[PDB]
Student: 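I'm sharing a structure that contains darunavir.
Chain letters run A, B, ... following the sequence lines, proteins first and then strands; every chain starts at 1. Read the numbers this way: they start at 1 and go in the same order the structure lists the ligands and their atoms. Only this structure's heavy atoms are used, side chains among them; waters, hydrogens and symmetry mates stay out. So this one's X-ray crystallography, 1.9 Å, going by the header.
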Protein chains: 2
Amino acid sequence: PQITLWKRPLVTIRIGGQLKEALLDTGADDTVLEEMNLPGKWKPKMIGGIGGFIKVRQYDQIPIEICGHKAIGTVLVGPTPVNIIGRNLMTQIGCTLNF
Amino acid sequence: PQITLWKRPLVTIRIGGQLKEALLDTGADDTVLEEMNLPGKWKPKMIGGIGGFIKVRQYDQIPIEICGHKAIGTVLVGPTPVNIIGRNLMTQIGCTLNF
Ligand SMILES: CC(C)CN(C[C@@H](O)[C@H](Cc1ccccc1)NC(=O)O[C@H]1CO[C@H]2OCC[C@H]21)S(=O)(=O)c1ccc(N)cc1
C-alpha cells in the first residue's frame, strides 16, 4: 500500500500467532517490541534512543507478517514507548519513502 | 525522489543560514532538531522515546527547506542526538511510505 503521514503509520503485525499494533518507524535502525515472550535463545543487548539507553533482549530470525508482508529477522524486546518496526524489517518488505 | 531504507534516510535541510543532515522519520510526530538558537517565541515541552524523555523548546511556524521542498511548521529544539524531520513537515513535502 501507500501510507500517508497525517496520522501515525500504525499497522497490524502477526508474531507468534499474536496480533499487535506497531509503528512503522523509518528513524529506527532496529525493531523494538514491548515486553512479550518469544521462544528460543536471546542475547542481552543495549540500545540508545532519544532519551538514553535501555536494555533489550535480542531475538534473531523471528518471523513477523507486516500488513500481510512476510519478514524474518532480528527483534528487540524491551521498554519502548510503543512497538516499532525499524529499517531492518521494513527493508525486507520493500518499504521506501517517496515524495 | 525514492529514498531507500537500506541506510538511514538522511536528507539535507535548511533552516536559516544553516544546512543540516536530518532523518525523514515516520516514527516522529514532530520535527526535533539539535540544539540551536532560533529567534522568536517558544514554549517548553517534554518528548519521550526509547530511554525516556528530553526537554525541548517548541517553536511555531518556522520555515524549513527539505531537499528543495518548502515547509513551515512546528520545530522542536533540544538535546537530541540526531536531527529529526517528523510527520508534521513530511506531509507538507508530500512524503509517503510505500511497499
Ligand atoms: C521511538 C519513537 C516512537 C519516537 N522516536 C523516533 C524514532 O524514530 C527514533 C529516532 C532516533 C534515532 C536515533 C537516535 C535517537 C532517536 N528512533 C529510535 O529510537 O530508534 C531506536 C531503535 O533503532 C535504533 O536506531 C536508532 C536509535 C534506535 S523519538 O526520537 O523518541 C521522537 C519522539 C517524539 C518526537 N516528536 C520526535 C522523535
Student: For darunavir (ligand 1), which chain wins on contact count (greatest number of heavy-atom pairs under 4.5 Å), named per the PDB entry?
Tutor: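 The chain with more contacts than any other is aspartyl protease.
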Student: Which other chains are in heavy-atom contact with darunavir (ligand 1) at under 4.0 Å?
Tutor: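 Chains with a heavy atom that near darunavir (ligand 1): A, B.
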Student: For atom 13 (C) of darunavir (ligand 1), what is the nearest protein heavy atom, given as residue, atom name and distance?
Tutor: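 Protein heavy atom at minimum distance: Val82(B) CG2, 3.6 Å.
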Student: Which residue from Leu23(A), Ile84(A), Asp29(A) reaches closest to atom 25 (O) of darunavir (ligand 1) through any of its heavy atoms?
Tutor: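 Looking at heavy atoms only, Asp29(A) sits closest to atom 25 (O) of darunavir (ligand 1).
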Student: Return the closest protein heavy atom for atom 10 (C) of darunavir (ligand 1) as residue, atom name and distance.
Tutor: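 Scanning the protein heavy atoms, the shortest distance from atom 10 (C) of darunavir (ligand 1) goes to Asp25(B) OD2, 3.4 Å.
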Student: Short list, please: which atoms of darunavir (ligand 1) are under 4.0 Å from a heavy atom of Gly49(B)?
Tutor: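 Taking each heavy atom of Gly49(B) in turn, darunavir (ligand 1) has 31 (O) under 4.0 Å.
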Student: Quick one: look at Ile50(A) and darunavir (ligand 1), take heavy-atom pairs under 4.0 Å, and tell me if it's side chain, backbone, both or neither.
Tutor: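 Contact part for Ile50(A) vs darunavir (ligand 1): both backbone and side chain.
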Student: Could a heavy atom of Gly86(B) be found less than 4.0 Å from some atom of darunavir (ligand 1)?
Tutor: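 False for this residue.
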Student: Could you walk me through which residues contact darunavir (ligand 1), taking a 4.0 Å heavy-atom cut-off?
Tutor: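 Using heavy atoms under 4.0 Å, it comprises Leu23(A), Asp25(A), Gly27(A), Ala28(A), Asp29(A), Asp30(A), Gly48(A), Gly49(A), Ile50(A), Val82(A), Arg8(B), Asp25(B), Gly27(B), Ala28(B), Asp30(B), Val32(B), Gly48(B), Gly49(B), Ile50(B), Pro81(B), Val82(B), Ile84(B).
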